[PDB]
Amino acid sequence: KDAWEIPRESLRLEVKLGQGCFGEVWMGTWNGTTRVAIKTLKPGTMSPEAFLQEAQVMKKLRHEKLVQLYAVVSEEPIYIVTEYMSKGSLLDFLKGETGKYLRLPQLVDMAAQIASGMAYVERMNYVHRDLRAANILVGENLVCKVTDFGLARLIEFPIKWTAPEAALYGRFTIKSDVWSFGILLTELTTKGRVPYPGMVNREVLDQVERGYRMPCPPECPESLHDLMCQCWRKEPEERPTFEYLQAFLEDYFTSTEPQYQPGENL
Ligand SMILES: COc1cc(Nc2c(C#N)cnc3cc(OCCCN4CCN(C)CC4)c(OC)cc23)c(Cl)cc1Cl
């Protein structure tokens with residue numbers, strides 16, 4: 001036990017949110033004062049370690065653009081508590097009612113916060129391993145955060161989002177992370193479409209390894225799709241840092257596309 005543990009009776013579960021073969025996720029209150037999100041366990045389903053060693057990683061990380069780990073409880077019902085992100089994943093947010101109103105500036109800006117959260121991950125010497133719209137959460141005012149560190153390791157699998165070297169040879173790096181980021185940019189520019197439309201896993205891996213790359217999304221600026229291609233370089237070390245990515249996105253409409261004019265969708 002560490003100073004991350006709270007009583008169960010501190011809490012209270014209310015409205016369900018998702019289910020799983022891991023447990024489930026609720027809106028809660030904390031000590032009567034704090035809307036939280038609680039992630040329960042189905043007591044025998046996962047290890048004690050397994051369900052939580054994702055959140056040892058969440059103790060050693062702390063950034064505005066990552067989701068805030070609040071507390072843990074470690075006898076079943078076993079829980080982990082976090083800040084409540086009001087709009088759920090970015091995937092849903094992008095497919096939902098509001099998605100179609102989003103244009104480049106809100107999208108580039110969301111990519112920015114994310115890049116920023118990862119750029120911190122980057123300098124904390126870590127890799128996330130499952131980066132994609134659906135592991136990003138949204139709050140109000142278009143605030144995006146990275147979460148789902150359930151595979152996040154210190155540097156001593158969904159292939160569409162995964163880097164080649166990482167899928168074939170288990171070579172995960174912050175640079176493999178950059179690869180996903182680049183796919184995530186295409187989610188953001190398509191308003192949530194699945195990568196490699198009409199292609200199946202083995203088709204992706206085969207074509208990706210042949211050097212195919214997703215082409216420019218409709219209405220997306222070539223400068224934006226170039227950045228993506230930089231992220232998908234066959235050579236991970238030649239792939240840009242997230243700190244490069246963070247600043248390039250933040251300064252996007254001034255330094256790169258000062259002449260951006262809104263279109264039908266973007
Ligand atoms: C607590 O522990 C963990 C929780 C999570 N997942 C979440 C975190 C976190 N973190 C924070 N906030 C969340 C809010 C959610 O729902 C919001 C309501 C959805 N709607 C959108 C549409 N409109 C119209 C109604 C509202 C949600 O379920 C979709 C999951 C959340 C992860 Cl991934 C890992 C750990 Cl360890």
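Numbers for residues simply follow the sequence, beginning at 1. In what follows, every heavy atom counts, from backbone to side chain, and hydrogens, waters and symmetry copies are set aside. Start at 1 and go down the list; that is how both ligands and their atoms are numbered.
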Which of bosutinib, apixaban, fusidic acid, dabigatran is the molecule at ligand 1? bosutinib
_Name in UniProt of main chain bound to bosutinib_ = Proto-oncogene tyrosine-protein kinase Src
Give me the nearest non-hydrogen protein atom to atom 35 (C) of bosutinib as residue plus atom name, then the distance to 0.1 Å. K39 CD, 3.5 Å
> Nearest to atom 11 (C) of bosutinib, what protein heavy atom do you find, and at what distance?
Replying inline: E83 O, 3.2 Å
Hey, does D92 sit under 4.0 Å from bosutinib if you only count heavy atoms?
no
Are any of the heavy atoms in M27 under 4.0 Å away from bosutinib?
no
Measured between non-hydrogen atoms, which UniProt active-site residue of chain A is closest to bosutinib, and how many Å apart, rounded to a whole number? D130, 9 Å
Note to self: Just to confirm my output: which protein heavy-atom neighbour is closest to atom 18 (C) of bosutinib, and how far is it?
What the structure shows: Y84 OH, 3.3 Å
### Task
Check if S89 has a non-hydrogen atom at a distance under 4.0 Å from any atom of bosutinib.
no
Is there a protein heavy atom less than 4.0 Å away from atom 25 (C) of bosutinib? no
*Would atom 15 (C) of bosutinib count as contacted, meaning some protein heavy atom under 4.0 Å?*
yes
| Does atom 5 (C) of bosutinib have a protein non-hydrogen atom under 4.0 Å from it? | no
- Which organism does the PDB entry give as the source of chain A? Homo sapiens
Which residue holds the protein heavy atom closest to atom 9 (C) of bosutinib, what is that atom called, and what is the gap in Å?
-> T82 OG1, 3.2 Å
request  = Cross the UniProt ATP-binding annotation of chain A with the residues having a heavy atom under 4.0 Å from bosutinib, and give the overlap.
outcome  = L17, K39
Heavy atom of the protein closest to atom 21 (C) of bosutinib (residue, atom name, distance) = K87 O, 3.5 Å
Which residue owns the protein heavy atom closest to atom 33 (Cl) of bosutinib, what's the atom, and how far is it? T147 CG2, 3.6 Å
N or O contact, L17 vs bosutinib, cut-off under 3.5 Å: no
request  = Point out the UniProt domain of chain A where most residues touching bosutinib sit.
outcome  = Protein kinase
- Site residues for bosutinib, heavy atoms < 4.0 Å: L17, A37, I38, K39, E54, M58, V67, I80, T82, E83, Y84, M85, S86, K87, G88, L137, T147
